[PDB]
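FYI, the numbering just counts along the sequence from 1. Ligands are counted one by one from 1 in listed order, and the atoms in each one are counted from 1 as well.
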Amino acid sequence: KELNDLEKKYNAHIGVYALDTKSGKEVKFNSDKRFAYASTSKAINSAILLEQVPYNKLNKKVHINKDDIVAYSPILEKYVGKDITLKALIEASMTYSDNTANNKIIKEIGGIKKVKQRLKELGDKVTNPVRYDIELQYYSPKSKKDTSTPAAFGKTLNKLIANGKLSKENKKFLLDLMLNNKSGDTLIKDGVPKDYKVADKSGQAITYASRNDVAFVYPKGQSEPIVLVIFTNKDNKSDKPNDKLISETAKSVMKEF
Ligand SMILES: *C(=O)[C@@H](NC(=O)Cc1ccccc1)[C@@H]1N[C@@H](C(=O)O)C(C)(C)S1
């Protein structure tokens with residue numbers, strides 16, 4: 001309804017899935033439509049690693065070489081020939097959307113093929129990781145590669161983080177990164193009521209103005225999060241997104257709760 005209106009105001013396509021984990025209440029709009037998840041996949045990879053490595057053991061270091069470095073790695077770019085702890089990899093991936101950190105997290109997990117296995121165990125047969133960064137960012141409406149539906153992606157985010165194989169410490173370390181992430185400030189954070197806490201991970205693919213934001217939103221007073229997945233995109237390959245679209249979509253969706 002009003003989301004269709006926002007699709008008209010911004011000449012864009014909105015994908016929404018939101019789940020209040022307390023009530024089990026869901027808001028869906030183009031929720032079974034495929035979108036490039038882009039960097040929002042970093043939250044998923046980070047959480048999967050965290051299921052396998054206890055907080056105390058995030059101090060394990062791993063070697064970084066030139067072959068590991070991919071574009072848009074503001075943190076990892078300085079670790080060629082150096083060691084980095086898994087904790088700092090996760091921090092890089094989440095806070096700076098470091099692409100090299102995210103690939104190394106997927107490697108730690110055991111590779112794309114293992115992320116796929118985990119996804120399927122969580123009943124997610126939609127989220128479709130195929131490539132590492134940055135190649136996963138070359139979205140095409142014609143390919144399913146590195147795409148998901150807001151519903152499949154949110155359900156996974158809910159089963160992985162919102163409840164709940166993560167220890168209290170690993171769950172806190174991930175969510176704090178997401179809460180403290182100043183790079184998602186123009187998205188969901190921008191549209192939610194100022195007293196709501198928002199723990200997000202944003203994404204922007206190279207093509208079709210694919211701009212996304214996923215978050216754990218805590219309406220003031222509630223501790224149970226509302227999982228919010230907003231995927232947007234446009235008709236043209238070189239289209240530039242408008243973050244206000246996501247900000248407005250989040251505002252609208254939050255009234256439903
Ligand atoms: C996650 O979505 C990452 N996206 C890319 O690596 C592709 C890309 C898209 C637009 C500009 C540059 C690179 C990260 N998200 C972007 C972004 O927010 O635009 C980063 C440049 C932070 S990498």
Most-contacted chain for ligand 1, named by UniProt:
Beta-lactamase
Can you tell me what they call the drug at ligand 1?
benzylpenicillin (bound form)
Heavy-atom shell of 4.0 Å around benzylpenicillin (bound form, ligand 1):
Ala38, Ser39, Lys42, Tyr72, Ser97, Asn99, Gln137, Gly203, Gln204, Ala205, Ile206
Please report whether benzylpenicillin (bound form, ligand 1) has a polar contact with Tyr96, defined as an N or O pair separated by less than 3.5 Å (distance criterion only).
no
Quick one: does atom 8 (C) of benzylpenicillin (bound form, ligand 1) have a protein heavy atom under 4.0 Å from it?
yes
Under 3.5 Å between any N/O of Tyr72 and any N/O of benzylpenicillin (bound form, ligand 1): does that happen in this structure?
no
Taking both backbone and side-chain atoms of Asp133, is any N or O found less than 3.5 Å from an N or O belonging to benzylpenicillin (bound form, ligand 1)?
no
Quiz question for you: does at least one protein heavy atom lie closer than 4.0 Å to atom 5 (C) of benzylpenicillin (bound form, ligand 1)?
yes
With heavy-atom distances below 4.0 Å as the criterion, list the atoms of benzylpenicillin (bound form, ligand 1) near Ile206.
7 (C), 8 (C), 9 (C), 13 (C)
Quick check on contacts: which atoms of benzylpenicillin (bound form, ligand 1) are under 4.0 angstrom from a heavy atom of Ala205?
9 (C)
In terms of heavy-atom distance rounded to 1 Å, which UniProt active-site residue of chain A is nearest benzylpenicillin (bound form, ligand 1), and what is the value?
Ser39, 1 Å
Of all the atoms in benzylpenicillin (bound form, ligand 1), which lie at a distance below 4.0 Å from a heavy atom belonging to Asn99?
6 (O)
Among residues of chain A listed in UniProt as binding substrate, which lie with some heavy atom under 4.0 Å from benzylpenicillin (bound form, ligand 1)?
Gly203
Covalent anchor of benzylpenicillin (bound form, ligand 1):
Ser39 OG
Numbering as shown, the atoms of benzylpenicillin (bound form, ligand 1) that approach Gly203 to under 4.0 Å (heavy-atom distance)
2 (O)
What organism is listed under source for chain A in the PDB header?
Staphylococcus aureus
